[PDB]
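Lettering follows sequence order; numbering is per chain, from 1. Recorded method for this deposit: X-ray crystallography, 2.5 Å. Only heavy atoms go into these numbers, but all of them, side chains included; no hydrogens, no water, no symmetry mates. We count ligands from 1, going down the list as the structure has it; atoms in each ligand are counted the same way.
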Amino acid sequence: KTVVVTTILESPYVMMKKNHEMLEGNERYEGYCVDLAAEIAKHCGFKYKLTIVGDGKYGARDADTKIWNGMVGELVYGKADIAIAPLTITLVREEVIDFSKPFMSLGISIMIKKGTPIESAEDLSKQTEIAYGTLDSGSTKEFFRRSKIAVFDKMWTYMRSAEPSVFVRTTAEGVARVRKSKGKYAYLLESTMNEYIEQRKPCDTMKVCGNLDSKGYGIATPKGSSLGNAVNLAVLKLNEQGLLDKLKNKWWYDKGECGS
Amino acid sequence: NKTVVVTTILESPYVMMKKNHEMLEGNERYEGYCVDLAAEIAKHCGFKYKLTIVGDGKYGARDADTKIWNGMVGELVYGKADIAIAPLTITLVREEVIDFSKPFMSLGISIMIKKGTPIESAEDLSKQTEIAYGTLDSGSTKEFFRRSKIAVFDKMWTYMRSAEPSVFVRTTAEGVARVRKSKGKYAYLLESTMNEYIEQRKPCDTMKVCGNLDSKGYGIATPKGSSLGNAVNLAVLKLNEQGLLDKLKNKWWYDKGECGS
Ligand SMILES: O=c1[nH]c2cc(C(F)(F)F)c(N3CCOCC3)cc2n(CP(=O)(O)O)c1=O
Ligand SMILES: O=c1[nH]c2cc(C(F)(F)F)c(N3CCOCC3)cc2n(CP(=O)(O)O)c1=O
């Protein structure tokens with residue numbers, strides 16, 4: 001009767017403790033979602049084992065083989081009982097697994113060098129002295145390609161033809177580009193990482209407050225699982241108890257390195 | 001079993017009477033964000049529906065004396081409605097008795113200031129007293145501060161609970177009026193969605209401070225075991241992913257706003 005939790009290494013959601021080599025079981029891991037799992041299990045009454053998903057992916061269906069990979073696949077195919085991770089609640093995923101209400105709300109956001117006079121996607125869209133881009137693949141790029149909102153379609157039209165390319169191979173390449181470009185590159189990215197990067201040395205980037213869309217991370221369970229319902233009630237309870245915000249403060253801001 | 005009874009609530013700009021409503025019948029008497037949302041949900045789920053305004057004008061809570069649900073939640077629980085399509089907050093006590101979709105709008109407690117004022121953050125307010133600040137004298141925003149064990153909010157609560165003259169107001173309109181008339185010495189704490197709305201209202205003298213203090217959601221609600229719950233949830237996700245919910249926010253807040261940029 002031990003519940004198999006699948007999760008994914010993504011700081012500060014799930015991290016290896018520095019001393020993980022000298023620990024066993026669930027004690028090897030720490031982070032926002034490690035704490036969330038313990039609170040969920042307490043409030044629902046279950047024992048559990050943490051596992052890192054074998055392929056390191058969140059979960060998508062291969063168009064050509066119909067096969068889910070990532071944590072979604074592990075749920076669909078019987079390898080784990082629950083996923084506790086910053087796993088985006090999406091239609092195609094909700095067609096095959098069950099999601100709790102979100103424990104975190106987030107969206108696409110703008111990163112600038114600390115000190116840059118920009119304040120919105122609208123600002124970016126109607127000028128050209130500041131370049132801006134996204135990851136060369138994934139949901140943020142797809143959001144701009146797929147979108148029918150003029151401001152963002154304008155940004156996409158600028159991005160898809162910019163020379164030299166305004167796209168980067170990794171989030172880290174993106175952040176570095178903001179840092180070296182003396183205010184002439186802005187990076188578009190998931191908002192929790194923007195905030196996380198804003199709070200650590202070298203303390204030279206800012207998240208622009210307003211987000212460009214609204215998305216959530218939720219706890220995932222296979223369709224018809226007896227757990228989905230209680231787990232969902234737990235997520236709502238923890239939010240209202242302030243626990244979800246406490247953990248965000250714990251893992252993002254309490255050891256912040258930049259004062260503000 | 002071939003007309004779906006939608007319960008909702010008169011709350012601007014979610015549901016409103018059209019100017020000429022008396023010359024109209026049925027669902028055409030109404031307009032607004034949730035009226036449009038109801039039309040999209042129905043089209044995507046393939047049902048016909050009738051808008052009805054909740055008899056008691058309430059969202060949903062248990063009576064202190066009888067423990068019986070009032071508001072739209074009650075109309076779902078006790079069989080009077082098939083679906084609630086309204087800015088109904090997703091909460092633990094409500095989700096125990098009815099089902100919610102994933103949120104179609106995300107929001108939180110926010111700060112309102114007079115347009116032109118050196119304040120932003122909850123943290124700033126907690127560190128000073130020149131600028132008084134308060135909430136509605138009842139409801140979820142007040143309960144958030146009273147309940148919070150987070151230091152900055154507990155500081156703000158300890159300030160508000162004893163501040164004299166009272167920083168609490170009897171109505172949303174009284175709070176707004178107090179911001180407008182206090183020359184920057186009064187900030188109001190209220191739901192982010194209404195703050196944004198008030199910002200788009202004449203005489204255009206209030207501003208929403210950007211970052212929120214907590215995170216909630218509004219969802220579509222159905223009675224437990226409804227056949228609709230699953231389809232409605234996927235319809236909500238599709239509408240978010242297609243950009244449709246954001247277009248509706250823009251329509252009823254900024255297009256029909258009185259202050260634009
Ligand atoms: O479920 C999903 N959850 C995700 C959660 C996050 C994070 F922010 F780390 F919490 C991220 N980060 C985006 C920025 O660089 C670091 C990784 C990607 C996610 N992806 C793939 P995407 O949606 O293509 O980005 C998913 O699929
Ligand atoms: O489900 C709920 N949805 C709510 C939606 C709204 C609005 F923003 F108008 F859409 C408001 N407004 C708060 C600001 O002044 C006007 C009314 C209250 C709501 N309440 C009561 P609360 O949570 O105690 O505030 C609920 O219970």
- Task: From the options AMG-517, ZK200775, PQR309, SU6668, give the one found at ligand 1.
- Result: ZK200775
- Query: Which chain is the largest contributor of contacts with ZK200775 (ligand 1) here, and what is it called in UniProt?
  - Reply: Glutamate receptor 2
- Task: Report the chain letters of other chains having a non-hydrogen atom under 4.0 Å from ZK200775 (ligand 1).
- Result: A
- Query: Which residues does the binding site of ZK200775 (ligand 1) contain at 4.0 Å, with heavy atoms considered?
  - Reply: A:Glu10, A:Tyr13, A:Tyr58, A:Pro86, A:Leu87, A:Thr88, A:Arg93, A:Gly138, A:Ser139, A:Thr171, A:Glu190, A:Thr192, A:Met193, A:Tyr217
- Proximal ZK200775 (ligand 1) atoms for A:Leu87, defined as those under 4.0 Å from one of its heavy atoms: 1 (O)
- Which UniProt L-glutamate binders of chain A are under 4.0 Å from ZK200775 (ligand 1) in heavy-atom terms? A:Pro86, A:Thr88, A:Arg93, A:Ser139, A:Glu190
- Message: Which residue and atom name correspond to the protein heavy atom nearest atom 24 (O) of ZK200775 (ligand 1), and how close is it?
- Response: A:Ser139 N, 3.0 Å
- Item | Taking atom 27 (O) of ZK200775 (ligand 1) as the reference point, the nearest protein heavy atom with its distance | A:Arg93 NH2, 2.9 Å
- Query: So is there a nitrogen or oxygen of A:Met193 less than 3.5 Å from a nitrogen or oxygen in ZK200775 (ligand 1)?
  - Reply: no
- Query: How far is atom 18 (C) of ZK200775 (ligand 1) from its nearest protein heavy atom, and which residue and atom name does that atom have?
  - Reply: A:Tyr58 CE1, 4.0 Å
- Message: Just to confirm my output: which protein heavy-atom neighbour is closest to atom 8 (F) of ZK200775 (ligand 1), and how far is it?
- Response: A:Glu190 CD, 3.1 Å
- Query: For atom 7 (C) of ZK200775 (ligand 1), which protein heavy atom lies nearest, and how many Å away is it?
  - Reply: A:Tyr217 OH, 3.6 Å
- Would you say ZK200775 (ligand 1) has an N or O under 3.5 Å from any N or O of A:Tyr13? no
- Task: Would you mind running through ZK200775 (ligand 1) and noting each atom that sits below 4.0 Å from a heavy atom of A:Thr88?
- Result: 1 (O), 2 (C), 3 (N)
- A:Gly138 heavy atoms, cut-off 4.0 Å: which ZK200775 (ligand 1) atoms fall inside? 24 (O)
- To which protein heavy atom is atom 16 (C) of ZK200775 (ligand 1) closest, and what is the distance rounded to 0.1 Å? A:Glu10 OE2, 3.6 Å
- Among protein heavy atoms, which sits nearest to atom 3 (N) of ZK200775 (ligand 1), and what does the distance come to when rounded to 0.1 Å? A:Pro86 O, 2.8 Å
- Message: Give me the residue, atom name and distance of the protein heavy atom closest to atom 14 (C) of ZK200775 (ligand 1).
- Response: A:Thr171 OG1, 3.6 Å
When you check ZK200775 (ligand 1) against the protein, what N or O pairs turn up below 3.5 Å? List the atom names and distances, or just say none.
residue             : atom   : partner  : partner atom : Å
ZK200775 (ligand 1) : 1 (O)  : A:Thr88  : N            : 2.9
ZK200775 (ligand 1) : 1 (O)  : A:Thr88  : OG1          : 3.3
ZK200775 (ligand 1) : 1 (O)  : A:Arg93  : NH1          : 2.8
ZK200775 (ligand 1) : 1 (O)  : A:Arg93  : NH2          : 3.3
ZK200775 (ligand 1) : 3 (N)  : A:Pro86  : O            : 2.8
ZK200775 (ligand 1) : 3 (N)  : A:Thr88  : OG1          : 3.4
ZK200775 (ligand 1) : 15 (O) : A:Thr171 : OG1          : 2.8
ZK200775 (ligand 1) : 23 (O) : A:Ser139 : OG           : 3.0
ZK200775 (ligand 1) : 24 (O) : A:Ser139 : N            : 3.0
ZK200775 (ligand 1) : 27 (O) : A:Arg93  : NH2          : 2.9

